[PDB]
**Q** 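Model contains oseltamivir carboxylate. Questions to follow.
Within every chain, numbering begins at 1; the chains are lettered A, B, ... in the order of the sequence lines, protein sequences first and strands thereafter. Whatever order the structure lists them in is the order used to number ligands and atoms, beginning at 1. These values consider heavy atoms only, across backbone and side chains, with no hydrogens, waters or symmetry-generated copies.
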Protein chains: 4
Amino acid sequence: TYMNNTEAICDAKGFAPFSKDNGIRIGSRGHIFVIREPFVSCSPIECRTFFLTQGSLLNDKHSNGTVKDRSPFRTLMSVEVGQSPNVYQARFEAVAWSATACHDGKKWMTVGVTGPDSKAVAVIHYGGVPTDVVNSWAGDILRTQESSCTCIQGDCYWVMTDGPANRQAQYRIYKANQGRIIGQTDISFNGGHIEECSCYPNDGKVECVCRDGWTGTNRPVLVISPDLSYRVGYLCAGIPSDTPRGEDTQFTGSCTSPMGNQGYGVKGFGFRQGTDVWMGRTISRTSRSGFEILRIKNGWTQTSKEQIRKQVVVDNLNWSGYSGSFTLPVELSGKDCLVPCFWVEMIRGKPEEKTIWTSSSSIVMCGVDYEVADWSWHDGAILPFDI
Amino acid sequence: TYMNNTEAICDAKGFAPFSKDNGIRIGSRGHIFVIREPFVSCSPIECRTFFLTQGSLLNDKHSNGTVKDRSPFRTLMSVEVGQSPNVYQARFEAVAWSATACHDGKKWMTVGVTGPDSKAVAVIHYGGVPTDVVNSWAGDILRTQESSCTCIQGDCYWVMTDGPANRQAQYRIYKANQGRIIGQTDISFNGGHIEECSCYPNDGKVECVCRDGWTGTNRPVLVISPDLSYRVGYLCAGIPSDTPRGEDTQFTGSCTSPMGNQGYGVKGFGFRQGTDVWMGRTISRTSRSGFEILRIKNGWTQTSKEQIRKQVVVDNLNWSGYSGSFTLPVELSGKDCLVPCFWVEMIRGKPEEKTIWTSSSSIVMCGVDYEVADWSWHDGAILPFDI
Amino acid sequence: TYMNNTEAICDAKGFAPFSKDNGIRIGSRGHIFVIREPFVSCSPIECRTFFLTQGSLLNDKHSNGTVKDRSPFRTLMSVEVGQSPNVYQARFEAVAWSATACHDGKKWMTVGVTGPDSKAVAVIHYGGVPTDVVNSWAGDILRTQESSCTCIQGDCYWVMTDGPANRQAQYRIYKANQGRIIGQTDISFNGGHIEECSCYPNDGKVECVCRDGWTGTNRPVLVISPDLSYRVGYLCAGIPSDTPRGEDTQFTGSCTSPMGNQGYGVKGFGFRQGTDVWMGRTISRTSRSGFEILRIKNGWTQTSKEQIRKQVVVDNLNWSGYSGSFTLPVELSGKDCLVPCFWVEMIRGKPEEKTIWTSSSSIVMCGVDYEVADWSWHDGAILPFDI
Amino acid sequence: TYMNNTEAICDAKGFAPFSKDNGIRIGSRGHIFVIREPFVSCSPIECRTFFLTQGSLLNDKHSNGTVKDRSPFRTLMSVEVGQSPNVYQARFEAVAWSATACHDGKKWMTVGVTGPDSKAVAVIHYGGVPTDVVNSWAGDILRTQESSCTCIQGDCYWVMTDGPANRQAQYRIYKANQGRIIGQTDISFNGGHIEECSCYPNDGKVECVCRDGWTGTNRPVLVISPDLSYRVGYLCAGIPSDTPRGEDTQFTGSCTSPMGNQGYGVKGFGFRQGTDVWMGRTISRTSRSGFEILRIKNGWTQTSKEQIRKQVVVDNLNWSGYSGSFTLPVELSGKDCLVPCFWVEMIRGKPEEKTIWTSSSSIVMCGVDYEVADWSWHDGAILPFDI
Ligand SMILES: CCC(CC)O[C@@H]1C=C(C(=O)O)C[C@H](N)[C@H]1NC(C)=O
Ligand SMILES: CCC(CC)O[C@@H]1C=C(C(=O)O)C[C@H](N)[C@H]1NC(C)=O
Ligand SMILES: CCC(CC)O[C@@H]1C=C(C(=O)O)C[C@H](N)[C@H]1NC(C)=O
Ligand SMILES: CCC(CC)O[C@@H]1C=C(C(=O)O)C[C@H](N)[C@H]1NC(C)=O
């Protein structure tokens, strides 16, 4: 049957380590897929780690990295959370250089985008077989979440962006049941920018915290009602969570507009806790080095700067990277609310390091009604490799 | 229970990428089977990729290739579509240097041919265990489809050829239920030649588009009625789909006879769409380099040359090869018709390249009621290998 | 539920190739267990290949072979028939340097013998967990079948030998239900010798064809009635099936006594067909090179020399070795009789070859009501290896 | 449903070999996890071997060992008992540098401790997903069993230690149902020390035999009643079972207090048999070389020195190490009592050997109502490795 997922996000005080694949270290001798963007999504039986592969393995000439991101070899695959992205325990999902996946309770729905930048194609899989298609609607790198989509009472939702990485772009919300598209919307957000949204269900609505690659240091936020009606803006909090960014000390939070002249960005997440908010962010304000998560009182609905909790998961002397959100199905947690969990990707090799390749590990963290001590669960690999 | 498969083929405007194994690239460091003819067949649960192995792995001395095609090491194995043909996720099907497989809805039926050329033997497996046998009936390399067979309401059908590769040969249609042969027919086709048929179910009849290795540039076609009564000939279309071939400009299509003095050939497919037809063909008219698929209006029943659609899946600067047909079970697609899908094998290494070995990758494409942009999902491997 | 297995063996005219692992070739680059005695047994779902491992992999220093047969590293493991004995698809059965296994229809029962030669211990596993034990009863290398045991209507039977390899030894028949021993017998056979029996069910009785390592060129035979009452002797046929052996031309068959002063031997099998008999034997009369199977008219009950069929499975220019018997569960074959199948082990490396290691491949053959052409499905590996 | 486990431990006369992974030997060429503390726990379907990994593989630079025990890469994983801890058949359990696991009959409950020594965190997983948390309660390396926990009628119990390795420390007993903590107790044991307890169910109470790292040569023992009421002390027997230790000849057993000025220790086990007791211990009184198990008459409740049985499982010329206890579910054994089983870890490489790495194999032994001959099932690896 279908996963209801109409409950509220559980109010957590800190997060506990779920898993850690240690893919890259293992990849020194094992046959591990040189991967990227290892997001986590769960079914009512297990949580899997999805990732993008370049058809090559670590420590192999084919990992040269000079291969473009959106190459024709890029495929989406997965493994049970915590398992390294190894060739022998991997499952083929879809052909993609940008994807998203979620389980509605019965079958798995993946969405892989592939094809030319000017006319990319997004194929929707369901049950391990393509069911529907979304063609580029603006001829400029059709892309999506890079993290779990959301299914509430059978219908699954996800957000896509078609347009430039700098200036305006066009965003849309797709809705689908059993692999087939049943509706969609255009998101009006002039002056605003949306990319790689980290969504989760909360009170029968799809809450996402995204990335502003145009002019946003604070992250855009968009609550999606089951009828595709929606609400867009930014995380109110008077504290910048995007990377790069300026000091918090110079940031006046804003609920409706981007702030900081910074233009670039990085994929992050955020979890609303009533009116408060758990926001994640690299420790470095410039490099993708370090990962932490702060709880800002009333920060979901106020330019609050009132930090009530802080917990580091990757110290600032270690490489961080992408990070996404997802929820534990109630059928696995046993709680009456949806436990909030996230993952931190850990990029190793180029550009910051001197190796011909580039990949990343990850650690998964979950809700918990306790306060968890700071620590660093970094990659640990030893570069350079045999090459 | 049994898969009905009595529905009509879905009318598609283009095809979307299903999967891509990237076996050869992976095989640079992984333990991938040096394989060939990686056809796809689906059960009411999953689609698997079948392939032939020479008992050797890529980057190993045993891949020397000097080993004959029809050697005693040739075994048929499989993996879930999209997965590389690796040793650790592979399943043993049957001993064969020519095979076919299909799922009737309950168990898997494979057919592997092995043995001496002059007295080869075809063993029918069902449930992962031999049930019946077909001995060479003409003493000249007994062979079969190299792609999915067809099961309609419990009974599965497939076509075999026993005789020379040039001149006439003898062809037959076998029918079987639960692994045991329940009937057969001889196909009268004097002047005509049949090899490696790509079949699919359509309106309770088995439609196949085959290969003419004698004198055919256009491909032979044979509709098989459930009672082994049948119809044979050629794809009508005024456009040559076999390789090698001459220009379309010099080809007068023919519904009943082969045309073009070309004698060799390559395994291809074709899908009837009402009266129209989706035909596949290497882009090069001589080399097995490039892959495309054209929709010819009324081309299934008329010497039509009226092209209504074209979509390249492997540009002409990349190696192509074999290609077959299959259908998505309605139990996976959800549609009320049978979605048409195919696979393109991508040969690397000898003969066109300077390496001691020879193998191939593949990409799977499926129906879809949308128009998909041209692109190239080629192998990508970097030859030569460590050797 | 339990597998009845009370039916008669199917009358076959020849055998068809079931599978071939190609382990050793694959083992050149893959991670394949350096193994030995790869017997096959089937459950009402699948047939698996059991084998003995020395805890080492091919192409690794640990394969040095100088390690004794009955070493403490010897463990019994398995894989689905046709799959190589690779580390990643293997299942742990029991600790053993001599074993046997059979499925009663519900769970798997394995029997592994390990320990010191003078006080070896045989542990009976059932459901993947030890249930009972048989201690050496004569203080001289307690050993067993090296091939499938037999289960009829829930109770499983197998034969063991405790004593010297030359002179007399003591033999016994054990019977067990759900992993626990429910009875046993001593086999009186003075002047006779029994080792590595190849058993199969036939008409509610357990028929075995064994090995005479004392003075037998013809093979001992022992029909076991469900009540442990039994019958022992030799294959009547006027043709020697053990290896080494003398010419058939100098062999006067004998139903009750061994013949030929040859003392050594090799594990073989035989299938009764009414009164006839299918006997297997290496082609060489001295080396374990080559494998063939002859059908002798009335040879099961008469000193017959009347050969009605011959089919080679491994030519005489290729290494052979052990060979065992088993039957296809009726739940897999679908027949009303028990299809007779066997396996031929193919030894490579020392002693006949110049490599530091020793292992073997195998091909599985099954019943079939047709006549199958002669051919050779030999190992194919290329020695020596990287070492 | 839930596993009752309210039965008494079966009275065994000796133990029989269950399995042996041969991980390290295999690891010479295979992709085996450099592991440690490979304890065994069983579900009502299978017994699995749990182990700790350092995110590295054998024969890889990452196995340098210089990495601290309680590093952030330490994760808990598992495989079906007897299988080596290889990357391709492993399952991710929890992030930990100290763990425990048990199956209540429905789902698996694992407990992994990770984090800083001064504020470590123990995450309880259930169903393959974190459910509850235990924070360090004394700020000094929060740790646990390193062997199977215990579930009786749905509720699972385990013991933890927070405090110094020498002097006093604080111990507690946790109880949990379906992954969530439902109660706990502080163990009063002044002058006494408790670490790495080997527990098992016996007569509806949890019996554990632990380690005294302070001043104990005899092992502490603690019977836990379902209501967290309990009983603590030491194995009465007038024979020392901890390592290092002095001679038995100088040991006056003690039921309530530690004896021998030895301070260090090693993880061992013990099984009560009525009033008797099966105690395990390294053969060497100083090195972790050798493994044996003695049955002391009345030794569970008397300073008895009356040895009734002895059986060596690893001779004294071979490296031994940790050892734990567990029980065969009645649903696997079929008995009316709980069969007692244990595992012996076999440490290879540093410190006793000259290699840059450190790991261990293991052999599993079980109850049995027979007397099993002495023998040595040691690791067998050949050090040093390629490195
Ligand atoms: C096209 C812009 C888009 C959003 C910033 O770029 C992403 C940034 C990335 C990055 O900043 O590391 C990696 C993603 N693979 C890429 N997405 C695609 C489809 O190429
Ligand atoms: C015997 C002629 C037959 C049809 C042309 O040859 C095929 C052509 C092939 C090819 O053109 O690449 C490869 C197939 N492995 C082969 N089939 C067999 C059984 O050897
Ligand atoms: C002890 C004699 C016995 C029967 C001849 O030897 C077998 C012969 C063998 C052989 O001839 O190759 C290999 C078997 N591994 C061995 N069995 C044991 C237990 O060592
Ligand atoms: C903190 C003391 C504790 C009990 C003696 O140490 C153990 C001894 C060990 C040992 O003696 O080999 C290895 C264990 N990995 C270690 N536990 C932790 C958590 O580090």
**Q** Which chain makes more heavy-atom contacts with oseltamivir carboxylate (ligand 4) than any other chain, name per UniProt?
**A**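 It has the most contacts with Neuraminidase.
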**Q** Which other chains are heavy-atom neighbours of oseltamivir carboxylate (ligand 4) at a cut-off of 4.0 Å?
**A**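 Chains with a heavy atom that near oseltamivir carboxylate (ligand 4): D.
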**Q** Hey, which organism does the entry list as the source of chain D?
**A**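 Per the PDB, it's Influenza A virus.
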**Q** Would you confirm whether any non-hydrogen atom of the protein falls under 4.0 Å from atom 10 (C) of oseltamivir carboxylate (ligand 4)?
**A**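 Yes, at least one protein heavy atom sits under 4.0 Å from atom 10 (C) of oseltamivir carboxylate (ligand 4).
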**Q** Does atom 17 (N) of oseltamivir carboxylate (ligand 4) have any protein heavy atom closer than 4.0 Å?
**A**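 So far as the 4.0 Å threshold goes, atom 17 (N) of oseltamivir carboxylate (ligand 4) is out of reach of every protein heavy atom.
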**Q** Less than 3.5 Å between some nitrogen or oxygen of D:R70 and one of oseltamivir carboxylate (ligand 4), yes or no?
**A**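 In this structure, D:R70 places an N or O atom under 3.5 Å from an N or O of oseltamivir carboxylate (ligand 4).
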**Q** Can you tell me which residue and heavy atom of the protein come closest to atom 13 (C) of oseltamivir carboxylate (ligand 4), and the distance to 0.1 Å?
**A**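 The closest heavy atom on the protein side is D:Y322 OH, 3.5 Å.
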**Q** Side chain or backbone, does D:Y264 bring an N or O within less than 3.5 Å of an N or O on oseltamivir carboxylate (ligand 4)?
**A**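 Indeed, backbone or side chain, D:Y264 has an N or O that close.
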**Q** Do D:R288 and oseltamivir carboxylate (ligand 4) have an N or O pair less than 3.5 Å apart?
**A**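 D:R288 vs oseltamivir carboxylate (ligand 4): N/O contact under 3.5 Å present.
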